[PDB]
Q: 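Structure with HLX10, see below.
We name chains A, B, ... by the order of the sequence lines, and we start the count at 1 in each one. Structure method, as recorded: X-ray crystallography, 1.8 Å.
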Amino acid sequence: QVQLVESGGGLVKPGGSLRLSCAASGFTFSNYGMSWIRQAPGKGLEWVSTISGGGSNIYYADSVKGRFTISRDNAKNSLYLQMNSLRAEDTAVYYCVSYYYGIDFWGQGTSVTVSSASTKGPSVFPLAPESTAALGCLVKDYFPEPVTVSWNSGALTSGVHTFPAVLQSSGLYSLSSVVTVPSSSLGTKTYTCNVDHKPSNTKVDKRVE
Amino acid sequence: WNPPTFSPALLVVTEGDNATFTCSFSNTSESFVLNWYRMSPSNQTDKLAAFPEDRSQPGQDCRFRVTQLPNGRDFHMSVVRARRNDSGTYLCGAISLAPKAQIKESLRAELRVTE
Amino acid sequence: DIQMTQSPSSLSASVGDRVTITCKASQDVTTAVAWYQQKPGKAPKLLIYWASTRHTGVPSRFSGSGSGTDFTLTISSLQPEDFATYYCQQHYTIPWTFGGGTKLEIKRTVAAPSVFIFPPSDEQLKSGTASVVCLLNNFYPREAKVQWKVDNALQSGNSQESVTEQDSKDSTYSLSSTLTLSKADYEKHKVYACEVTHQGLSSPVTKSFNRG
């Protein structure tokens, strides 16, 4: 089958640079145009740049002109995006794509995060106050995404809601995980949220009372 | 850009032999697709083949082939082992993809497959 | 630079429904319009191109039409796998541009949120900051209003909220709102309240605590 596989995404400081690569297979590479599309977190699709099969027709979105360079190596079945002078709003998933009529093949994307924040594990605080009660954990001030939250080591899944993180003005993320349980359970059962943040090698168990 | 041409206007071949049309298209860029069509009885156009091919259509009819000639302008569009039922009306079309997408068809030609 | 405007921004429908979504170009794009489906965490997939041509392997219930500046995508009979976000794109001229998207969500009966307020922990306060959390659990539709009041003073730019995607089981939403104060400011006040307005409630509900 046609396959497109991106690599090179990561964390960069504002002003820095990053090179994305894409390996293509399952078609004669030089006969098809290629493109980069991006999607900022929680946002829509944005075309970045396009290069024809032979590489002589090259186009850029105004938002990246002068900073990004697209290129291809037809002997290596490869597509590249050199991103210089990166800005915070370049934070996005970047998809390597190929087009024909519309964009018929998409890679699964590589994530780029442009931020001055440094890697930092979360502080985990309890959330504690009818037949139903709520409890939670506030997972505050971590970078970068993601964190994973479970409850009672995975024994408690029904009624759990772990919310999408919000980015704070500090540049750190924050989220909450909550669960509703029978009110009568609040004095008999123990409730522990387990928070994992691999970028910082952090694992936290927090008893909530 | 000018529409492609499609020649000869009348092609006569014998059943079992090959029939070759030429679609000619002056490309100002690499960003074109060339399509080969037959006209149906209801004057619906049916795509026979394309160059570059549609990668989402693997496993096509090998009887309809497109060959790029070395000058990069001319393309052979060939019916291999023509059948009497291949007699009809044929054309080619060019579709630009970038910087502006648009479709232009050639004049139509007739294929006559004899006994 | 052609602008593509999609509508509606979201639509609730049931399995079996006929649904039609709209895309409007800020200038003529002839028929060079494509449509894509995207599900959370996955790349988009192509559905339609040249306004009305169904892409290979796309189910027959998907169709598209339109020309000039007005385009539509129609799903003739919605199936469970069809709930997703849809994007149109013009492939007429560089720069290629996309609509903002239409989210297709599952219709269900109105459900009032259960509302809960959480004071800051002593652990966090010891660190110099105070977060107060208001939870709206398992409501529908998505639209809700949350207002923070501290000793009656309406709060403005010191809260953030987050919403879950539709529950896989009951098709509801949940929402968190977090009000963040310095410890000193938090200790200046007594009554912390979150007032919630939602279609399923006959009146706003206020949940509050007294810092003392």
Q: Locate HLX10 in the structure and give every matching ligand or chain.
A: chains A and C
Q: Trying to figure out what HLX10 (chains A and C) is stuck to here - the chain with the largest number of contacts. What's it called in the PDB entry?
A: Programmed cell death protein 1
Q: Name the residues of chain B in heavy-atom contact with HLX10 (chains A and C) below 4.5 Å.
A: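 Non-hydrogen contacts pick out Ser29(B), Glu30(B), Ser31(B), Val33(B), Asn35(B), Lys47(B), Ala50(B), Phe51(B), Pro52(B), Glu53(B), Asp54(B), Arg55(B), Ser56(B), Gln57(B), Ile95(B), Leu97(B), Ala98(B), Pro99(B), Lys100(B), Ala101(B), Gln102(B), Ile103(B).
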Q: Report the paratope of HLX10 (chains A and C) for chain B using a heavy-atom cut-off of 4.5 Å.
A: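 Residues with heavy atoms under 4.5 Å: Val2(A), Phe27(A), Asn31(A), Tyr32(A), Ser52(A), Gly53(A), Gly54(A), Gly55(A), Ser56(A), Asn57(A), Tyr59(A), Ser98(A), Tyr99(A), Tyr100(A), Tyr101(A), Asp104(A), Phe105(A), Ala32(C), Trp50(C), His55(C), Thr56(C), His91(C), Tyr92(C), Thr93(C), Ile94(C), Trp96(C).
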Q: Which UniProt domain dominates the contacts that chain B makes with HLX10 (chains A and C)?
A: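 Those residues lie mostly in UniProt domain Ig-like V-type.
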